[PDB]
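One structure is given below, encoded as structure tokens.
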Amino acid sequence: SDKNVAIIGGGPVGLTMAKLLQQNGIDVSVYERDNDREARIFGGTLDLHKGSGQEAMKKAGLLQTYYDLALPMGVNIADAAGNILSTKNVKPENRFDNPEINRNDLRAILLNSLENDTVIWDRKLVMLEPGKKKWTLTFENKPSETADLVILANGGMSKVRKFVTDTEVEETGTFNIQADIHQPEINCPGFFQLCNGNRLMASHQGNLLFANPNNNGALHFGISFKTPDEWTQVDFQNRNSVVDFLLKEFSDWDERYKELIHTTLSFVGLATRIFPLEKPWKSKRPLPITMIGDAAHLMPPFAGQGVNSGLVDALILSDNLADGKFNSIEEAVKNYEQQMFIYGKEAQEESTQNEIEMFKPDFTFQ
Ligand SMILES: Cc1cc2nc3c(=O)[nH]c(=O)nc-3n(C[C@H](O)[C@H](O)[C@H](O)COP(=O)(O)OP(=O)(O)OC[C@H]3O[C@@H](n4cnc5c(N)ncnc54)[C@H](O)[C@@H]3O)c2cc1C
Ligand SMILES: CN(C)[C@@H]1C(O)=C(C(N)=O)C(=O)[C@@]2(O)C(O)=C3C(=O)c4c(O)ccc(Cl)c4[C@@](C)(O)[C@H]3C[C@@H]12
């Protein structure tokens with residue numbers, strides 16, 4: 001390689017891709033939407049499985065650092081009334097597939113690992129266009145740049161996939177509402193104490209509640225349900241409008257959980273989406289281009305596949321792009337994509353499948 005790569009998106013999947021390339025010498029860049037490095041990343045915690053997510057960290061020398069920040073966490077399962085199954089973390093296993101890390105923390109660990117100015121902040125890729133030998137990358141109100149390989153690694157809603165595949169995202173039919181509570185122990189004591197330093201999942205009448213009670217000192221919860229045919233007709237801008245819907249749905253549940261709803265300051269309602277690995281991707285492409293993470297195989301969050309498969313993506317493509325066991329870039333990508341279409345479709349089938357089971361009328365996590 002006498003060339004350069006451009007990864008669109010500073011996600012955990014993108015930044016990883018960046019490290020694994022950079023430590024092999026390959027000249028690389030990460031164009032990130034976010035306005036600066038201390039931008040707050042909304043969402044839960046992530047857990048890197050020992051088979052996969054962890055392996056990539058290993059190969060970047062960051063596995064250790066990952067544990068250092070990660071927190072092993074037990075899981076309580078609950079009725080609407082009260083407790084059902086507790087499960088602590090047995091010390092034989094607290095260093096594996098469990099350790100829940102804060103999304104920002106992971107990025108901090110990743111940004112450290114990269115040379116300075118590897119990530120160009122406030123760069124919102126609006127358009128991608130292939131020239132003679134280089135792609136031309138267009139960013140909203142910033143100068144364009146060019147590169148010899150673009151790796152799309154920029155979210156399940158990537159607006160810029162066209163050169164790789166005509167496939168488009170699809171809503172699965174469920175919906176998720178997600179929120180944070182700061183100082184959970186004061187603002188939802190009832191709920192905090194039901195968690196008891198442990199994650200919490202409870203299900204009742206095709207309504208699922210999940211919670212982590214300790215995400216860097218804030219509780220993050222999720223509510224889930226098949227999308228109402230009524231929908232759409234809840235305003236995620238008016239908190240009163242969201243609260244009123246959740247209370248109608250959650251009327252049955254204990255006083256403790258209703259506190260949680262009534263306390264949340266603001267909600268983030270996004271539908272469950274899939275970007276299916278259905279057709280093979282375009283086999284004639286103007287220049288070399290590929291996709292990793294959710295830009296590749298966006299799938300329902302109901303299985304902890306997601307970041308893990310996506311990190312595997314980096315591990316594989318990065319190896320391919322460095323070992324010198326391929327004759328052209330085309331071939332190295334075209335090979336990574338074969339493998340991903342395999343464990344990828346697996347991960348998706350699994351997630352879809354878990355999705356179906358949970359919202360089935362009468363479900364218990366036991
Ligand atoms: C509610 C919820 C819960 C989830 N829970 C889990 C889980 O528990 N375990 C798991 O493995 N997965 C989970 N997922 C999926 C998980 O978040 C993703 O797999 C992973 O975070 C996505 O990694 P990524 O870097 O490929 O995507 P992203 O993290 O979305 O990274 C893309 C990056 O590109 C940036 N970007 C977007 N557009 C542009 C652009 N135009 N130009 C430049 N940059 C851009 C974004 O800002 C972002 O920084 C969950 C998803 C949701 C919605
Ligand atoms: C966003 N939503 C889907 C869930 C959610 O709201 C969570 C949260 N911390 O509040 C999660 O734990 C989740 O985001 C989350 O992390 C889950 C998770 O890790 C997981 C894995 O890895 C394997 C099997 C299962 Cl059944 C799960 C499971 C159900 O615990 C999911 C739940 C989701």
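Numbers here are sequence positions counted from 1. Going by what the header records, the deposited coordinates were determined by X-ray crystallography, 3.1 Å. Basis for what follows: all heavy atoms, side chains included, without hydrogens, waters or symmetry-related copies. For ligands, and for the atoms within them, numbers begin at 1 and follow the listed sequence.
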query = From the contacts in this model, which chain binds ligand 2 most extensively, according to UniProt?
reply = Flavin-dependent monooxygenase
ask   = Can you identify which of ralimetinib, ricolinostat, chlortetracycline, tivozanib is positioned at ligand 2?
value = chlortetracycline
query = In this structure, which residues build the binding site of chlortetracycline when a heavy-atom cut-off of 4.0 Å is applied?
reply = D47, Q178, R199, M201, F210, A211, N212, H220, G222, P301, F302, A303, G304, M358
Shared residues: UniProt NADPH site in chain A vs. heavy atoms under 4.0 Å from chlortetracycline = none
ask   = According to the deposit information, what organism does chain A derive from?
value = Bacteroides thetaiotaomicron
query = In chain A, which residues that UniProt lists for FAD binding have any heavy atom less than 4.0 Å from chlortetracycline?
reply = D47, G304
query = Less than 4.0 Å from chlortetracycline: which other ligands or ions?
reply = ligand 1 (flavin-adenine dinucleotide)
